[PDB]
Novice: 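Here we have a deposited structure with fasudil present.
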Amino acid sequence: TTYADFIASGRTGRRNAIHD
Amino acid sequence: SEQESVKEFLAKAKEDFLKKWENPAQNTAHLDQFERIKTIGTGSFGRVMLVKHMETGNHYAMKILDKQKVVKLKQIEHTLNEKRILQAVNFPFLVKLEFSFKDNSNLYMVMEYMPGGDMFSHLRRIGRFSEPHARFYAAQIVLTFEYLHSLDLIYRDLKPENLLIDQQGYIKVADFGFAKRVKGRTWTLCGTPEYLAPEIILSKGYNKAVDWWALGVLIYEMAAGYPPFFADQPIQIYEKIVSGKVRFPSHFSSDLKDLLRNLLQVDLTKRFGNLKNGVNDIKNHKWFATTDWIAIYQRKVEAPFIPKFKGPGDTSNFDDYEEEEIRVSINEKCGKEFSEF
Ligand SMILES: O=S(=O)(c1cccc2cnccc12)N1CCCNCC1
């Protein structure tokens with residue numbers, strides 16, 4: 001399932017802003 | 001009728017903002033007035049600490065920025081934007097800046113403290129919000145963006161991490177590191193990968209419409225429990241964003257889907273919030289038909305969820321972080337670059 005793929009992904013924690 | 005009262009509200013709100021914008025408050029406290037209790041977060045840049053103001057016994061969230069670290073990351077102009085905008089604004093779902101000041105080493109921004117934590121913690125933990133629960137929060141962002149954009153402000157970092165939940169269960173937007181007062185276009189690559197509009201990814205030169213795209217991401221994340229575009233690495237997220245495909249859970253109502261296709265619209269002439277009717281294309285949408293906008297602004301609507309009050313200075317709703325000492329050098333760093341702070 002999509003939920004299962006997200007929860008096993010490396011981006012379920014707090015996400016940092018990006019920049020140049 | 002309705003729209004002329006909104007107009008009147010916003011004209012008065014602009015006069016208020018302009019006075020503070022052209023004449024910013026400055027040096028309104030000192031570090032020694034605050035007792036440092038605990039680090040409760042990290043933002044786009046810097047760290048945020050629970051503190052207690054001695055003279056009142058009020059608790060506050062103080063953001064500390066190392067001026068030398070800010071210069072190296074080329075955030076000088078963005079941090080001046082951030083403090084100048086936040087001291088000037090005033091709206092119920094914007095966190096209030098109470099004091100700002102600086103010393104030889106750091107910049108400080110002391111804000112009202114929300115012990116309930118952010119939407120991120122609560123969303124991840126419960127998995128996903130119901131549609132009514134999601135619309136309650138979305139409505140607050142829609143009005144806040146209505147307020148900010150009327151002042152020529154773009155926000156540029158919407159995500160659950162930046163939305164604090166107050167003791168009434170309403171939102172405060174809590175990080176302005178990328179906020180900017182611009183009429184017309186701007187070009188800086190900034191924001192968070194999952195939330196970036198395609199025009200940002202493609203180095204294209206953009207406006208306020210990227211905030212409405214980010215709203216679509218937020219609503220989707222709140223109602224699905226995951227973001228519309230996700231992968232293990234940012235570049236894989238950017239490909240999905242630019243592709244122009246999006247897939248919705250089978251549980252999304254047909255109205256939600258139709259709101260979201262109009263917010264996550266790659267075509268800027270077709271993206272809701274951007275068109276001739278601006279924000280009213282969103283506010284008058286069917287997904288929002290149940291929403292009473294004045295009752296939301298006034299905080300009369302019953303919140304879906306109210307964080308557990310364990311005290312004025314309780315920190316159990318935030319994670320634990322590494323405690324760095326505040327070191328104030330005996331020499332002034334970066335005086336000229338930050339003189340207006
Ligand atoms: O610690 S915070 O930075 C923070 C910033 C500004 C004001 C705050 C007020 N109360 C709590 C936390 C606050 N925060 C927690 C998650 C990280 N993103 C922003 C919200």
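Throughout, a chain's letter reflects where its sequence line sits, starting with A, and its residues are numbered from 1. Only heavy atoms go into these numbers, but all of them, side chains included; no hydrogens, no water, no symmetry mates. As the structure lists them, so they are numbered: ligands from 1, and atoms in each ligand from 1.
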Novice: Look up in the PDB entry the name of the chain with the most contacts to fasudil.
Specialist: cAMP-dependent protein kinase, alpha-catalytic subunit
Novice: I'd like to know the other chains touching fasudil at heavy-atom distances under 4.0 Å, if you can.
Specialist: A, B
Novice: Give the residue, atom name and distance (to 0.1 Å) of the protein heavy atom nearest atom 4 (C) of fasudil.
Specialist: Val48(B) CG1, 3.9 Å
Novice: Suppose we measure from atom 15 (C) of fasudil to each protein heavy atom; which comes out shortest, and what is that distance?
Specialist: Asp118(B) OD2, 3.6 Å
Novice: Using a 4.0 Å cut-off to any heavy atom of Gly41(B), which atoms of fasudil qualify?
Specialist: 1 (O)
Novice: For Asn162(B), take its heavy atoms, then give the atoms of fasudil lying under 4.0 Å from any of them.
Specialist: 18 (N), 19 (C)
Novice: Polar contacts were defined as any N/O atom of the residue lying under 3.5 Å from an N/O atom of the ligand; does this apply to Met114(B) and fasudil?
Specialist: yes
Novice: Among all protein non-hydrogen atoms, which one is nearest to atom 5 (C) of fasudil, and what is the separation to 0.1 Å?
Specialist: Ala174(B) O, 3.6 Å
Novice: Enumerate the atoms of fasudil whose separation from the nearest heavy atom of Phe318(B) is less than 4.0 angstrom.
Specialist: 11 (C), 12 (C)
Novice: So for fasudil, is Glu161(B) a polar contact partner (N or O within less than 3.5 Å, distance only)?
Specialist: yes
Novice: Which atoms of fasudil sit under 4.0 Å from any heavy atom of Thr42(B)?
Specialist: 17 (C)
Novice: What name does this entry use for chain A?
Specialist: cAMP-dependent protein kinase inhibitor alpha
Novice: Show me which atoms of fasudil lie under 4.0 Å from any heavy atom of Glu112(B).
Specialist: 9 (C), 10 (N)
Novice: Using a 4.0 Å cut-off to any heavy atom of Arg14(A), which atoms of fasudil qualify?
Specialist: 16 (C)
Novice: Please state which option from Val173(B), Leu86(B), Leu164(B), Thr315(B) has its nearest heavy atom closest to atom 12 (C) of fasudil.
Specialist: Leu164(B)
Novice: Which atoms from fasudil have a heavy atom of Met111(B) less than 4.0 Å away?
Specialist: 6 (C)
Novice: Which residues and nucleotides contact fasudil at a heavy-atom distance below 4.0 Å?
Specialist: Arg14(A), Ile40(B), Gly41(B), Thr42(B), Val48(B), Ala61(B), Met111(B), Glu112(B), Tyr113(B), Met114(B), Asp118(B), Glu161(B), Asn162(B), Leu164(B), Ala174(B), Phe318(B)
Novice: What are the distances between nitrogen or oxygen atoms of fasudil and protein nitrogen or oxygen atoms, counting only those under 3.5 Å?
Specialist:
{"residue": "fasudil", "atom": "10 (N)", "partner": "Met114(B)", "partner atom": "N", "Å": "2.9"}
{"residue": "fasudil", "atom": "18 (N)", "partner": "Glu161(B)", "partner atom": "O", "Å": "2.7"}

